[PDB]
Number of protein chains: 2
Amino acid sequence: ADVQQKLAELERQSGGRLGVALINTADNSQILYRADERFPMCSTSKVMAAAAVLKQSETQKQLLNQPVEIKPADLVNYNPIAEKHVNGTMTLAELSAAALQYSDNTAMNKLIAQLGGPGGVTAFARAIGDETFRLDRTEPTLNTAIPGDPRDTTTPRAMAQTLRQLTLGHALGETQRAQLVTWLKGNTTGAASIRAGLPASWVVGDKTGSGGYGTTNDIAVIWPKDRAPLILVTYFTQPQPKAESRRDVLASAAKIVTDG
Amino acid sequence: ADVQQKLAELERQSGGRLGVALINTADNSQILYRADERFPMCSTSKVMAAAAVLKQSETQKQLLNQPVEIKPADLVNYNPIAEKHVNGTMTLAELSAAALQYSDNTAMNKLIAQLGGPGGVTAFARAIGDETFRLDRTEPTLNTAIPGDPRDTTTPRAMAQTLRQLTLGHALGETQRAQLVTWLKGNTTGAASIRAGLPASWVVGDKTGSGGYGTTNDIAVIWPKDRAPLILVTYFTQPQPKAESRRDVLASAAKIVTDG
Ligand SMILES: *C(=O)/C=C/N[C@@H](C(=O)O)C(C)(C)S(=O)O
Ligand SMILES: *C(=O)/C=C/N[C@@H](C(=O)O)C(C)(C)S(=O)O
């Protein structure tokens, strides 16, 4: 509508490539912008991995309480939670929360190892009907974000659809779906991103990501004041190897698509 | 010097009044800017209330498990957590988390009432050697933030000092101190405020606030990469009752005072 002109303006003024998918669950309407292009997911991939471990825990009923050893060698680049338990252990519930709410990279690595490798995360994507998602690498190299590289990519449309099934749909058993939403709603890293663009009264759960070429991402489930929930995926990447993050672009994108 | 001039330049362009107080616990140095002027606290006052409840919990030893009834008449203007428990209950631990991490205003009112009113929160401030802090009203009117009004105000210097004692000192017992810091570290609302101004590797716990006159506040305990923690208060208020919030200003303030 004007939504398209505005998104195009934002994109041009930003110097980057912008990807947006909104699903409105009141009526299944969508707002799409480069929705079928691939973008590096970076840490927004932590959602698929934690969900995969949730799913495992539907048949391995004590899985979330299993201790996992954190060695000095497991420490990656960003480890605000793991590094407090080195030469100690963390449960798989603790690791999921640390990956999701703090973006801890060591924690993500443990989730990936539990699933048997990046392949296992991709296998779960495929099990819930996501044929686009691909995880190929561990932290921190999954975040390289090199233009033209298909590794560790998905599309806004696929990720919105998947986030809808996981958070509001039936990809997970009910307890597990509640657990994921509880973890997402407690994210500590999202206030400058999608949230920044929404009315203060609306409630949000979301997972950010960032990486190379100033890749700046957010995926969110959103409960507007007095409306059915929305799903929003805002992905953004830039042409220079060491571009600065742009969480404000995401916020601008969320304001634009939710004003209507 | 360089920083005092930069702060003045930032304030000069902001359209408002900026209060800063930084304490570097490596050497107890300070950086101060309008640090003995009063500002309205808004929700940064929630720290003092949760800390008062923690203090109570040192002698009433299951206090944090105690259920509190939430009635429809309790709901204020912003209760993302409390509203799911109307005609039900929340524990004091849950009210604490809700007020700190989500800024739930019904939650804050239950903490105030557990302390005997706004007066009891002030009494606790006084018991830990804070002679500046004053809480006068309940939510939501505590955030009116009218220029010149002394209600519900403190100074950046008083709040920096208090925050240091609560989170790194011995104002509380050790478990209570750790509980507070854990709650601050899991704040969901801070990524666009002080955090936005600091390198991504630095770990932050904080409490934001906002209100009338475009008042935009953040107070934080910061664990920089490879340095002793800092304490930072950034307060900001504006001349028009309906001004928009300016979390960007706090971010910039944070960057100026941490650059070197
Ligand atoms: C999640 O999106 C990944 C976070 N890590 C990166 C970041 O930008 O925070 C690095 C650069 C620390 S690395 O890819 O781990
Ligand atoms: C904490 O700072 C509380 C915030 N409240 C206000 C805000 O600006 O967010 C309102 C307007 C929601 S209310 O006056 O409490």
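Lettering: A, B, C, ... assigned in the same order as the sequence lines. Chain A uses the PDB entry numbers throughout; the residues present, in order, are 27-57, 59-238, 240-288. In order, the residues displayed for chain B correspond to 27-57, 59-238, 240-288 in the PDB entry numbering, which applies throughout. Order of appearance sets the numbers: ligands from 1, and atoms from 1 within every ligand. Atoms considered below: every heavy atom in the structure, side chains included; atoms not considered: hydrogens, waters and symmetry mates.
- Most-contacted chain for ligand 1 in this structure, per the PDB entry: Beta-lactamase.
- At ligand 1, the PDB records name the drug as sulbactam (bound form).
- Lab note: other chains with heavy atoms under 4.0 Å from sulbactam (bound form, ligand 1) -> A.
- By chain and number, the binding site of sulbactam (bound form, ligand 1) at a non-hydrogen cut-off of 4.0 Å is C69(A), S70(A), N104(A), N132(A), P167(A), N170(A), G236(A), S237(A).
- The shortest N or O to N or O distance between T235(A) and sulbactam (bound form, ligand 1) is not below 3.5 Å.
- In the vicinity of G236(A), heavy-atom distances shorter than 4.0 Å reach the sulbactam (bound form, ligand 1) atoms 2 (O).
- Nearest protein heavy-atom neighbour of atom 11 (C) of sulbactam (bound form, ligand 1): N104(A) ND2, 4.2 Å.
- The protein heavy-atom contact nearest to atom 3 (C) of sulbactam (bound form, ligand 1) is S70(A) OG, 2.5 Å.
- Geometrically, sulbactam (bound form, ligand 1) and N132(A) share a nitrogen or oxygen pair separated by less than 3.5 Å.
- What sits closest to atom 14 (O) of sulbactam (bound form, ligand 1) on the protein, heavy atoms only, is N170(A) ND2, 2.7 Å.
- Among the atoms of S237(A), some N or O lies under 3.5 angstrom from an N or O of sulbactam (bound form, ligand 1).
- The model tethers sulbactam (bound form, ligand 1) through a covalent bond to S70(A) OG.
- Inside a radius of 4.0 Å around sulbactam (bound form, ligand 1), no other ligands or ions are present.
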